[PDB]
Peer 1: 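Quick one: structure with triclosan.
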Protein chains: 4
Amino acid sequence: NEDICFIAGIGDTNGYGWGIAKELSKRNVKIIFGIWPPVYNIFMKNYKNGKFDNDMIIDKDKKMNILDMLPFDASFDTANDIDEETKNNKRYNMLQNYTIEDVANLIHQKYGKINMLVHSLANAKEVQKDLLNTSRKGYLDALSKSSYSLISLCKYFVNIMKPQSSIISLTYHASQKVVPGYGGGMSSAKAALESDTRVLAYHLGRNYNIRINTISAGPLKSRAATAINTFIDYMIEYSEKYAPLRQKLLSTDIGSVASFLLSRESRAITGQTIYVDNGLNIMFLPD
Amino acid sequence: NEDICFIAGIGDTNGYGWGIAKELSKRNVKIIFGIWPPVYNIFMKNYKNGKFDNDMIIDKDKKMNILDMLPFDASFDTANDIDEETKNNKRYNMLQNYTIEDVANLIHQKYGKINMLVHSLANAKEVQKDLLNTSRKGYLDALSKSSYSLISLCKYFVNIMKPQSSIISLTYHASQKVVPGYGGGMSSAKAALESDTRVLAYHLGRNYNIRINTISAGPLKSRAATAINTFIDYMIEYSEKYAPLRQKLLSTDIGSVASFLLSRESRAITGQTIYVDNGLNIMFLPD
Amino acid sequence: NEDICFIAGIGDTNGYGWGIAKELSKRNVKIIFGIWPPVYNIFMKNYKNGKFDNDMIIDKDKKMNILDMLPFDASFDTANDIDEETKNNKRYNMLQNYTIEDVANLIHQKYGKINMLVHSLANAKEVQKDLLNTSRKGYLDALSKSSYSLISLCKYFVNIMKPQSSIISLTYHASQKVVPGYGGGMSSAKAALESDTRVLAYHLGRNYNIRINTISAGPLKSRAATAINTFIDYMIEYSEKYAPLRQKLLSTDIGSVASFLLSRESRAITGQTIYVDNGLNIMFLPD
Amino acid sequence: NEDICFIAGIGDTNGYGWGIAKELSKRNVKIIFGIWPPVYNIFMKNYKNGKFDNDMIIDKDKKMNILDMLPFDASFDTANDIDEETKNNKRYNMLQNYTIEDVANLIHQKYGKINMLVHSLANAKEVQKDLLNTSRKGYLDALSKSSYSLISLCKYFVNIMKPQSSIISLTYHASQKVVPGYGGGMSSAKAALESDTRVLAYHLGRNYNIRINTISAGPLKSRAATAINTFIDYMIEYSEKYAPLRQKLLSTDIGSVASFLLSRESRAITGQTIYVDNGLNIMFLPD
Ligand SMILES: NC(=O)c1ccc[n+]([C@@H]2O[C@H](COP(=O)([O-])OP(=O)(O)OC[C@H]3O[C@@H](n4cnc5c(N)ncnc54)[C@H](O)[C@@H]3O)[C@@H](O)[C@H]2O)c1
Ligand SMILES: NC(=O)c1ccc[n+]([C@@H]2O[C@H](COP(=O)([O-])OP(=O)(O)OC[C@H]3O[C@@H](n4cnc5c(N)ncnc54)[C@H](O)[C@@H]3O)[C@@H](O)[C@H]2O)c1
Ligand SMILES: NC(=O)c1ccc[n+]([C@@H]2O[C@H](COP(=O)([O-])OP(=O)(O)OC[C@H]3O[C@@H](n4cnc5c(N)ncnc54)[C@H](O)[C@@H]3O)[C@@H](O)[C@H]2O)c1
Ligand SMILES: NC(=O)c1ccc[n+]([C@@H]2O[C@H](COP(=O)([O-])OP(=O)(O)OC[C@H]3O[C@@H](n4cnc5c(N)ncnc54)[C@H](O)[C@@H]3O)[C@@H](O)[C@H]2O)c1
Ligand SMILES: Oc1cc(Cl)ccc1Oc1ccc(Cl)cc1Cl
Ligand SMILES: Oc1cc(Cl)ccc1Oc1ccc(Cl)cc1Cl
Ligand SMILES: Oc1cc(Cl)ccc1Oc1ccc(Cl)cc1Cl
Ligand SMILES: Oc1cc(Cl)ccc1Oc1ccc(Cl)cc1Cl
């Protein structure tokens with residue numbers, strides 16, 4: 001009965017955010033996209049010109065249903081946080097209500113309360129450097145955008161969410177085991193995020209009866225995966241060769257798990273890291 | 001084609017087996033019950049007598065569709081393995097073809113290939129003794145009926161299963177953290193079950209493209225729970241007071257997760273221990 | 001043969017840093033203290049006036065041996081990071097060579113290379129708030145001082161350390177399980193630190209043949225423990241009542257583990273979180 | 001008083017038992033060997049013949065001081081438990097008092113109370129079969145000789161131990177992550193051992209103030225390793241290539257950790273699985 005989900009983190013149809021949007025669409029959930037300003041206009045132009053029409057197809061006689069597309073920057077908690085330089089940057093100057101709090105309000109004003117929230121974003125200026133070579137600023141940058149954004153998303157979205165709502169984010173196993181190449185303190189950020197998921201599950205469960213979990217996804221060749229210098233090709237080849245299930249991992253494989261976790265079906269699951277990675281995580285060595 | 005699930009471990013309607021059966025029925029999965037011989041004839045009597053009618057109600061829609069109900073003993077792998085005493089037993093004498101292999105063959109003969117397997121059983125003759133006071137015979141019994149039974153189930157059932165099939169079992173957090181009353185080597189059995197789940201995931205995944213996972217449930221006042229040392233009333237009271245989600249854990253809460261994990265929706269998840277306990281496992285201590 | 005250890009984080013003799021210093025002293029390791037400027041002068045004055053003389057006693061006819069006491073701020077990586085305001089702050093104006101890099105150099109110039117390094121510090125402006133109420137600045141503050149400080153300590157100290165050197169830090173179980181009261185993103189910081197310990201173990205082991213581990217200590221009534229608002233009294237009472245070993249946890253209990261980990265005895269252990277907490281961590285519920 | 005350690009699981013000098021014996025000897029611990037009857041007389045022959053002389057050398061200082069060497073079978077708890085076949089066996093007929101209880105009594109009769117206990121043994125009749133092809137008899141054998149043996153050891157040995165005593169066993173990471181050749185239910189046995197370590201820690205800690213821990217060792221080319229499926233040459237080659245610390249793992253590396261955990265130095269550590277594998281366990285995949 002009128003399910004509304006806000007997917008924070010979508011710049012195209014090659015990431016998990018898209019896969020999550022498709023699977024939720026299949027379940028008749030109304031989709032609102034939160035889009036980072038640097039790519040917002042290139043996203044809208046593409047969409048308008050029907051460049052994603054093929055990607056919105058679900059099976060046959062069923063195509064995706066996007067309720068809304070909003071500019072969104074998870075760096076900024078409230079309008080008062082936006083530094084003057086960003087406020088007048090070429091790509092930010094034409095946009096408004098793009099902070100975490102302002103999007104929360106905008107959504108509420110326009111559609112009332114929502115019941116599903118997705119954290120599908122991450123960033124680190126120095127992802128290309130290893131932990132040892134990461135500067136304090138670069139490290140704090142990764143934690144701020146990749147980790148804290150989650151806590152902020154919750155602080156502000158819980159006011160516009162109904163009890164028994166569900167919140168998921170996306171993580172990676174480099175938090176628990178060493179993955180060379182996953183630098184800039186991204187591993188640090190994922191560890192924090194998985195730990196924050198537990199602490200948040202406590203507060204949100206007790207105070208609001210809201211669930212929060214995180215999906216630790218396997219490798220997908222998304223735009224950001226390529227920014228890591230290649231790393232992602234190796235990860236994919238390795239996973240397809242050594243995982244219990246040797247099959248290509250699709251963004252919709254994650255989508256359908258996200259979808260389950262966001263629905264009332266998973267009402268007794270909260271605070272968990274759920275692995276959606278073809279079982280790779282359970283392996284010790286290659287064979 | 002429809003789906004067929006064999007559920008091994010149903011003795012009444014107050015356990016997880018029944019709850020898993022209910023949820024799969026919502027999805028129109030044809031259900032087959034594996035019933036432990038000692039309680040087979042009383043179960044049949046209660047069923048005939050319409051004592052479960054109410055518990056088989058799904059909603060205005062339809063009622064639980066039970067394909068078949070057969071006697072099943074996880075203590076014996078093949079007909080050869082049954083001893084004199086059991087063969088000579090009041091309850092078993094009147095029944096036949098209840099060993100793991102016999103049941104595989106019988107299901108297959110009658111209904112063909114299945115695609116969903118549920119291990120929802122456990123036993124430990126010395127459950128009421130703490131680990132230090134448990135005998136070798138007692139300890140190996142717990143592992144035999146609660147642990148190996150899973151490996152046996154797989155070995156024999158895989159020949160009668162389709163590719164892309166799915167298997168689940170039930171575990172408890174006592175495997176990972178000390179739970180004082182959970183004796184007799186049940187903690188040990190659960191630890192081995194959770195690890196066996198991984199190894200099996202590797203084997204079944206690579207060789208047959210079949211998934212296996214385990215659900216770590218919170219407390220439910222079932223026939224078996226009632227036997228421990230009351231242990232279960234305490235566990236339930238503690239969970240409902242300190243879990244992130246303060247709400248009654250129902251057998252159907254686990255059922256709906258079991259249903260997801262047994263469907264194609266979770267095609268990318270294998271070898272995992274999913275926690276369905278209202279988030280109790282994430283807590284360090286009472287708050 | 002001339003063992004030199006730099007303990008970063010010591011404001012008095014009530015914290016772990018002191019306990020680690022005593023146990024290392026007992027092994028004839030030369031001790032250098034790194035002291036945060038806000039408490040440096042009050043520390044020296046106390047020491048000079050023999051206020052710690054009782055605390056330096058080890059058994060009989062054996063008293064602690066402190067090679068040096070240096071002002072140290074783990075907020076600043078190099079002299080170029082120190083903001084002008086701090087540089088002229090009442091407590092910082094009379095001190096110099098107190099950044100991570102400058103202490104590394106100072107130590108090297110004065111004593112040559114060292115072989116043991118201890119990270120025994122932590123801080124968070126908003127420790128009193130829960131994760132949900134923690135601001136972005138407060139969260140980043142905790143990660144910067146509590147987590148990154150470790151990575152920085154390593155980046156700069158590896159140049160002044162011999163191969164087969166050992167590095168330990170101190171962590172807390174709130175990283176893995178929820179501990180209400182452990183706020184400000186300290187839990188976040190500890191999770192990062194435990195994950196960073198693994199990544200660092202990889203780089204330091206391969207490139208320098210240096211080990212790094214972390215001790216997850218139980219509750220101790222240190223100065224900082226009291227800053228958490230009481231929380232620590234509850235933690236201590238709980239631990240003394242429910243831990244496998246019901247005995248008072250002493251700073252020297254941690255000291256002797258640190259000491260082992262820093263010695264060549266632990267040459268095959270790296271990247272690990274070692275629990276020194278009277279076994280509390282292994283418990284699920286109170287009894 | 002001096003310390004006495006019983007080491008159960010010595011068959012030659014190429015295993016972990018011997019390495020643990022060497023390191024404890026450095027500390028002047030009096031060593032008692034528990035030797036599996038099938039290899040008792042060849043061990044005695046080799047010893048008399050001075051085949052171990054070289055391996056008993058500690059340094060210019062002193063040589064390994066072995067208090068006693070007795071026949072020990074972890075397959076039998078008491079004299080009553082030995083069957084006809086074993087009683088009738090070539091190797092056993094000439095020996096006596098080799099059951100777990102008999103050995104406890106005999107040590108106690110001869111030397112009094114001990115204070116250090118080492119479980120360094122394992123067995124699995126079907127180790128060369130993968131888990132899916134392992135029989136019930138095979139699986140329960142692995143658990144019986146490799147798992148329960150620990151619980152038995154404790155039950156019987158605690159009466160002959162001082163308060164504040166310490167116990168260790170050896171495990172392998174195959175319990176937590178899939179290691180393809182580690183069959184026969186050895187992975188299962190190790191999983192149960194690691195969990196049993198926690199439960200035992202609770203019981204022994206509260207009731208007797210006794211600690212128990214387990215060491216998860218990396219690969220060592222021992223008699224038993226040589227039997228697996230060569231599995232062990234691969235494990236060793238992989239470990240030496242990908243572990244954080246690229247150096248040969250020696251039995252004495254584990255020995256020195258065992259020695260620490262068995263001393264008062266580790267009074268605050270219990271119920272733990274300590275990893276001594278050069279940090280191999282922290283790696284996700286080869287780099
Ligand atoms: N792709 C993988 O292999 C993989 C594996 C594990 C986890 N993940 C996780 O999945 C999530 C999505 O990553 P992806 O792989 O889909 O890449 P992606 O190309 O989808 O990028 C994520 C999106 O987040 C947006 N974003 C970046 N900074 C933002 C900010 N400050 N505010 C708002 N939005 C911002 C980007 O525009 C981008 O569109 C990430 O959290 C990532 O850590 C990905
Ligand atoms: N009830 C809980 O609180 C709880 C919490 C976590 C996990 N679990 C797990 O869920 C599973 C189901 O148990 P439950 O809690 O529903 O209680 P239950 O008694 O309803 O289920 C146990 C069933 O196993 C059957 N069984 C016993 N020995 C058998 C044998 N040798 N061969 C075949 N069947 C045998 C019994 O007939 C019984 O019906 C168990 O594996 C249990 O470990 C239960
Ligand atoms: N005390 C406990 O109960 C407990 C439990 C688990 C872990 N720990 C960990 O042990 C470590 C030591 O804490 P403690 O309990 O001994 O408290 P403590 O009173 O010893 O405080 C730690 C020291 O670090 C110093 N410090 C703070 N900020 C610094 C900076 N920017 N640069 C340099 N030094 C700085 C402080 O002056 C203080 O003396 C911490 O990392 C803590 O997280 C403590
Ligand atoms: N070797 C490795 O690579 C490795 C890695 C991790 C852990 N471990 C563990 O270390 C321990 C010691 O084994 P190892 O590697 O030194 O090889 P090992 O052969 O030297 O030690 C095993 C010993 O156990 C004894 N034993 C076998 N069955 C017995 C029974 N029923 N009763 C009493 N004793 C019995 C054997 O006589 C043998 O001497 C084992 O528990 C093993 O699981 C070994
Ligand atoms: O978490 C990820 C894991 C993988 Cl294998 C690939 C991509 C991932 O996602 C990111 C990684 C680094 C940065 Cl800076 C940003 C993002 Cl979105
Ligand atoms: O695992 C369980 C956990 C809980 Cl809290 C309650 C019941 C459980 O299930 C069992 C426990 C012991 C035995 Cl002998 C048999 C079963 Cl079916
Ligand atoms: O980690 C700790 C755990 C406990 Cl139980 C007590 C004190 C601890 O140490 C700290 C906690 C918070 C801050 Cl802001 C600084 C420090 Cl040194
Ligand atoms: O646990 C082990 C792990 C490794 Cl890598 C090598 C040897 C090991 O030890 C054993 C393995 C199997 C059996 Cl049947 C008996 C033992 Cl003593």
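Lettering follows sequence order; numbering is per chain, from 1. Ligands are counted one by one from 1 in listed order, and the atoms in each one are counted from 1 as well. Structure method, as recorded: X-ray crystallography, 2.5 Å. The figures here come from the full heavy-atom set of this structure, side chains too, leaving out hydrogens, waters and symmetry mates.
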Peer 1: Where do all copies of triclosan show up in the model?
Peer 2: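 Counting all copies, it's at ligands 5, 6, 7 and 8.
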Peer 1: List the chief contact partner of triclosan (ligand 7) in this entry, with the name from the PDB entry.
Peer 2: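 The largest contact count goes to Enoyl-ACP reductase.
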Peer 1: I'd like to know the other chains touching triclosan (ligand 7) at heavy-atom distances under 4.0 Å, if you can.
Peer 2: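 Heavy-atom neighbours of triclosan (ligand 7): C.
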Peer 1: Show the binding site of triclosan (ligand 7) at 4.0 Å, heavy-atom contacts only.
Peer 2: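 Non-hydrogen contacts come from C/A122, C/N123, C/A124, C/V127, C/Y172, C/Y182, C/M186, C/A224, C/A225, C/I228, C/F231.
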Peer 1: Considering the heavy atoms of C/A224, write down every atom of triclosan (ligand 7) situated less than 4.0 Å from one of them.
Peer 2: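 The list of qualifying atoms is 16 (C), 17 (Cl).
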Peer 1: What is the listed source organism of chain C in the PDB?
Peer 2: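 It's listed in the entry as Plasmodium falciparum.
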Peer 1: Give yes if a backbone or side-chain nitrogen or oxygen of C/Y182 is under 3.5 Å from a nitrogen or oxygen of triclosan (ligand 7), and no if not.
Peer 2: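 Yes, there is a polar N/O contact under 3.5 Å.
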Peer 1: Near C/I228, which atoms of triclosan (ligand 7) are under 4.0 Å from a heavy atom of that residue?
Peer 2: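 Going through triclosan (ligand 7) atom by atom, the ones under 4.0 Å from C/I228 are 11 (C), 12 (C).
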Peer 1: Which other ligands or ions lie close to triclosan (ligand 7), meaning under 4.0 Å away?
Peer 2: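 Within the cut-off sit ligand 3 (nicotinamide-adenine-dinucleotide).
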Peer 1: Any idea which atoms of triclosan (ligand 7) are less than 4.0 Å away from a heavy-atom of C/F231?
Peer 2: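 This gives 5 (Cl) as the contact atoms.
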